[PDB]
Amino acid sequence: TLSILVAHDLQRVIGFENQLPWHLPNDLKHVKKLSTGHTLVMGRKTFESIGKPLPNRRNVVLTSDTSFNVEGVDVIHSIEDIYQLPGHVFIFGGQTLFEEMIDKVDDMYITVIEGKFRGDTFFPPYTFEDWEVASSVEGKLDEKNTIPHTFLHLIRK
Ligand SMILES: NC(=O)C1=CN([C@@H]2O[C@H](COP(=O)(O)OP(=O)(O)OC[C@H]3O[C@@H](n4cnc5c(N)ncnc54)[C@H](OP(=O)(O)O)[C@@H]3O)[C@@H](O)[C@H]2O)C=CC1
Ligand SMILES: COc1cc(Cc2cnc(N)nc2N)cc(OC)c1OC
């Protein structure tokens, strides 16, 4: 099963200067919970931002770079390769993978971050005409998690 995993704000911002625009530990716990034991496919800039492969899942990086051979990362050089990956595969970002994949995935796990951040990278527009809300769960706030957010799971109609 092929899924998107993304956090985006009220205007679909995902990213600023190759980093997440917000500090939201609870989103990152959500990401850990969902993707542990599965596979992640991310483009090269997302990989560099994170800087290491994430533990306890297959990390797959998409890059035209044929010298890319990183310890604990599988490399693919085409979108077409994503389909040969076994198991539950999460399209992990960033902008350019989302744009390529949004029409192809079974479902999306979206954290809607309920604020308006400066961004330089966006998730593509989508409509609920196309996507059934399987679930919608308000994120709990505390002093360390102070931005309202909602976890959506959307299934393509
Ligand atoms: N909020 C969220 O949920 C998430 C946010 N982000 C954010 O997104 C931003 C980065 O996004 P973006 O700039 O689009 O970059 P990406 O992370 O998507 O990666 C860009 C690169 O991916 C590689 N790539 C993508 N498509 C292909 C292809 N078909 N063939 C070969 N290589 C390909 C290329 O690498 P090369 O040039 O090396 O060939 C390309 O330059 C960051 O700010 C980051 O913080 C990222 C993930 C999630
Ligand atoms: C695990 O830490 C990171 C995760 C992500 C991707 C990501 C983050 N949040 C959500 N909801 N979905 C995603 N695909 C992107 C990151 O930086 C660009 C990360 O470093 C902080």
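By the PDB entry numbering, chain A shows 1-157, in order. For ligands, and for the atoms within them, numbers begin at 1 and follow the listed sequence. Hydrogens, waters and symmetry mates play no part in the numbers below; they use all other heavy atoms, side chains included.
- Going by the PDB entry, the chain with the most contacts to ligand 2 here is dihydrofolate reductase.
- Drug at ligand 2: trimethoprim.
- Heavy-atom contacts of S49 reach the following atoms of trimethoprim (ligand 2): 17 (O), 18 (C) (cutoff under 4.0 Å).
- Within 4.0 Å of trimethoprim (ligand 2), counting heavy atoms, one finds these UniProt substrate-binding residues of chain A: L5, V6, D27, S49, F92.
- Counting only heavy atoms, trimethoprim (ligand 2) sits under 4.0 Å from the following UniProt NADP(+)-binding residues in chain A: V6, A7, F92.
- Annotation for trimethoprim (ligand 2): atoms under 4.0 Å from non-hydrogen atoms of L28 are 1 (C), 2 (O), 3 (C).
- Around atom 5 (C) of trimethoprim (ligand 2), the closest heavy atom drawn from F98, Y109, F92 belongs to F92.
- Residue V6 has at least one heavy-atom neighbour below 4.0 Å for each of these atoms of trimethoprim (ligand 2): 10 (C), 11 (N), 12 (N).
- Most of the interface of chain A with trimethoprim (ligand 2) sits in UniProt domain dhfr.
- For trimethoprim (ligand 2), the residues with heavy atoms nearer than 4.0 Å are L5, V6, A7, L20, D27, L28, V31, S49, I50, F92, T111.
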